[PDB]
2 protein chains.
Amino acid sequence: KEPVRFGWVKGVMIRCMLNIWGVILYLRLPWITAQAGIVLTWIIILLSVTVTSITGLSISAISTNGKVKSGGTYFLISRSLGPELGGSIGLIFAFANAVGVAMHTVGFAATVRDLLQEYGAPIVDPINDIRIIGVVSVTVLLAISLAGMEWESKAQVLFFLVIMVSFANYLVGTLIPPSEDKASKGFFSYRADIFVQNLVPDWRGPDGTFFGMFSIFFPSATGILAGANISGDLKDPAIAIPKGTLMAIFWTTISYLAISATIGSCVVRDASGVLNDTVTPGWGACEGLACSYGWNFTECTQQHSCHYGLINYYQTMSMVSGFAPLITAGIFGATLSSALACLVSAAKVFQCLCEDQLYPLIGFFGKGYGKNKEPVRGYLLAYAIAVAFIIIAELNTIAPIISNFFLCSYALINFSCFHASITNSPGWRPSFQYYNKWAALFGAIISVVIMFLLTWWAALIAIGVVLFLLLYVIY
Amino acid sequence: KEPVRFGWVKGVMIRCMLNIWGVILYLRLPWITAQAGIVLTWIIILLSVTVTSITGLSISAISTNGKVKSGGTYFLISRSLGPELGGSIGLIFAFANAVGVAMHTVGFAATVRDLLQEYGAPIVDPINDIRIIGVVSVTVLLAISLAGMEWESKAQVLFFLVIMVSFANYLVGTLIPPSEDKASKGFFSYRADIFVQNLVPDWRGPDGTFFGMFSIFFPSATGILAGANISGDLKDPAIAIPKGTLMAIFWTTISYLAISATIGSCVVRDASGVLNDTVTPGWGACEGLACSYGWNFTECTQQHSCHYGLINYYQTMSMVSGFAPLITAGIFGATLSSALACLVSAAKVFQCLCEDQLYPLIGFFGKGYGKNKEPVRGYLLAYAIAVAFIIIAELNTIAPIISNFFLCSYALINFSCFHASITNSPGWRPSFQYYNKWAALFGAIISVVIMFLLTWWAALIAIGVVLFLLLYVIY
Ligand SMILES: CN1[C@@H](CSCC(F)(F)F)Nc2cc(Cl)c(S(N)(=O)=O)cc2S1(=O)=O
Ligand SMILES: CN1[C@@H](CSCC(F)(F)F)Nc2cc(Cl)c(S(N)(=O)=O)cc2S1(=O)=O
Ligand code: NA
Ligand code: NA
């Protein structure tokens, strides 16, 4: 029986777009669009998708150089800078993936717990919900993954249709004239005054600065390596990976631009929330843009003490939409698909590191054969780390370290491309047309600069871990 | 004719103590002792002189391994981690020395300009005073250095006696009962109440925190390599360098502890300055410690608006002293001696890098023979950089970069000692008794941690410069 192989749409493009898409799309992008305005948010997005376009070009060059197995992303790092950065970066990559599984299952569990506690169902413990639900969910994802690749592919296609149905729901909701409830919370239909009033920044709070918004958005634009991790299950990786990866980046960026632009021209940044604030005839004068529409939000602006509008309410996108539960369905499909992509990615890197003869550090892990064409001893190792970090259940302080474990790989992939091309290395002869040494060098430099600019002590911890592994292997 | 050779007192100990001693001894240590109290200042000092004791032990181990020439400090880095970190760290070291010459000549020129502008107006303009005086002074130092080693040694001994005369002046001044003028500014003789009241911190201002005081004091404790840079002009380096370097560190630390402890038990932290604040009979009550001595400084504490006392006035040490001009003479001898040590150090590293066959980057600099047993083409290269940075004349923003250029050398010296000892390197067999691998490893780690903890972007710039040199040499 032949194995199962996938095309460039269902194998590379869908997976990459599903891993890039998360919950910043639903719960933070409308707030970033309010703090920083439309134009400066577009600058944020287009600056973030340059570091990932350059790395996508390096990946597309690596893919058109020969046949690699699934999870051999670090083979170029190994054969260009020695096999002790190969295995060390491989292990760091495959550990960051298995922690991202936990950090997404926790995000799904929190949404389910919040949805549950409103409907009734007296829960057990207000924080053991996020543990029981997380463990059950990660076990169901493990079963799906361990039942084969076809079932994982079908689950991913299901998630893709759910996300698109949420998008169409939102886009239909924005074209429907406001009702009393939505106009009382800020949503007015497409208006020209709101587009102009909302192009320029309005920073508020202790975190509202351009660096803060870059810190919120940038880590949620990466994920472009989900289709290159399974480069051994595709029908022709040398054509499937460049096209799929680059169109994934392109269409994800178009969605990010369209959502911010259309949300920024419909909802004002301050609104009261109660229907008893329509304009009174004879009430002297009122200050504010919405006064021309029949609503009076002066008390908010005077006191800074209300909870609705584009800048104060994190769930504006659910309010604008025609029917609200489809946005929650979109959130489910956005978190579970990223968790599934990370679980499949961390398994095929562990399974390659366990079979790597030149990096024998963890080659001892396998006892049973598991000869069913599945990385069983790489699925169980990722499941253990995911469950261990789901038990802890509060991961907002471990996040910078894990997020720098991923930029340590971007920097070394780009620098290995540059180093092998300038040195005329014996066997590195890519054929991708749009690849250049100096773009790769720029990507390698800018990834380290961003690593330290985000949080310097987390970068020091990441580099210390990589160095400890590298030096424990040399000695 | 034989060359001139020096003993361990006039060759290693005096030079190291004169390079460690600067102006923090005179103008900032009494202020650090006031912000942080006596005990926490002692902790500052003893934490700073651990990173330098460990590096002194590594240096003393390198020195008892064989005969090195003058300026071959980076030879162990070259033969343990390859000759492209050897030359790169050597060049960075010898450039930081030549910029330290400028940063000390500017400090001397500022003192001379301030002393001049008070006595009359024989000044061009502070702006260009600090340039004309700086250039003339650095040229006089260049002449002294270029006239031989004996004259430089005599100048250093002169500076040492001037500093000791300043110390004895201050110590005699603190034992003399206060007069009206000194008591009106805060100086009371050795009192027991003041010792107790002034042991615990009192942080004020936007910079008054333990990290801030570490940042002020730590860079002014290094300079321990001034006697190992001329290890080719000593009578027996293998005995002279360990003993001289370690006793230099010991006696400098004893002076740092004694000055802070004795200044902290004589002067209160707030005092008005005018003689019209003695205690009035019938003036109700007064708040403050000095009220028991006959002085009334309540208005300061109420308004925070006076300019004298240990915490507000930077020149307390000149006020306490019996005769004040000897403190200014001590400041001259402290800045000019450090500038002279840095000028001799940067010349003998440039001259070794110009004659280094395995690092040919700047081996082209020499045209004339200059066969007079002096590094003429290393003196002129250091003179050029010193003059170039004295013309700029405002160097408070370049300081962190230059100060991290010096911790990049500490880290690599310590790590090269550890790496050569664990690897059983063929030819690294030191005989210094008090040397251990793990102390060197700790020093190498803590130097990088301190590099980034002081200022992270300056550390990134320093590491980027080192990497650019290292990679330009490989390609
Ligand atoms: C959304 N993710 C961010 C990390 S932000 C959350 C944090 F982990 F930082 F806490 N970066 C990447 C990068 C890659 Cl390359 C891959 S993947 N599957 O290609 O290997 C997956 C991810 S992610 O899904 O974890
Ligand atoms: C007081 N100095 C501080 C630097 S603080 C001022 C700054 F440069 F940072 F701006 N560190 C060192 C270290 C060494 Cl090792 C040597 S030396 N002569 O042994 O090579 C000289 C010096 S220093 O005299 O420049
Ligand atoms: Na997703
Ligand atoms: Na000095």
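Below, chains carry the letters A, B, ... as their sequence lines are ordered, and counting in each starts from 1. Note that ligands are numbered from 1 as they come in the structure, with each ligand's atoms numbered from 1 the same way. Note that these values count all heavy atoms, side chains included, but never hydrogens, waters or copies made by symmetry.
The name UniProt gives to the main binding partner of ligand 2 in this structure is Solute carrier family 12 member 3. The drug that appears at ligand 2 goes by the name polythiazide. Contact chains for polythiazide (ligand 2) (heavy atom under 4.0 Å, other chains only): B. Within 4.0 Å of polythiazide (ligand 2) on heavy-atom distance sit the residues B:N19, B:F93, B:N97, B:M103, B:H104, B:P219, B:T222, B:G223, B:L225, B:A226, B:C342, B:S345, B:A399, B:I402, B:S403, B:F406. Checked against UniProt's transmembrane annotation for chain B, counted from the N terminus, the segments with a heavy atom under 4.0 Å from polythiazide (ligand 2) are 1, 3, 6, 8, 10. Checking distances below 4.0 Å from polythiazide (ligand 2) gives no other ligands or ions. Measured by heavy atoms, polythiazide (ligand 2) lies under 4.0 Å from these UniProt polythiazide-binding residues of chain B: B:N19, B:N97, B:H104, B:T222.
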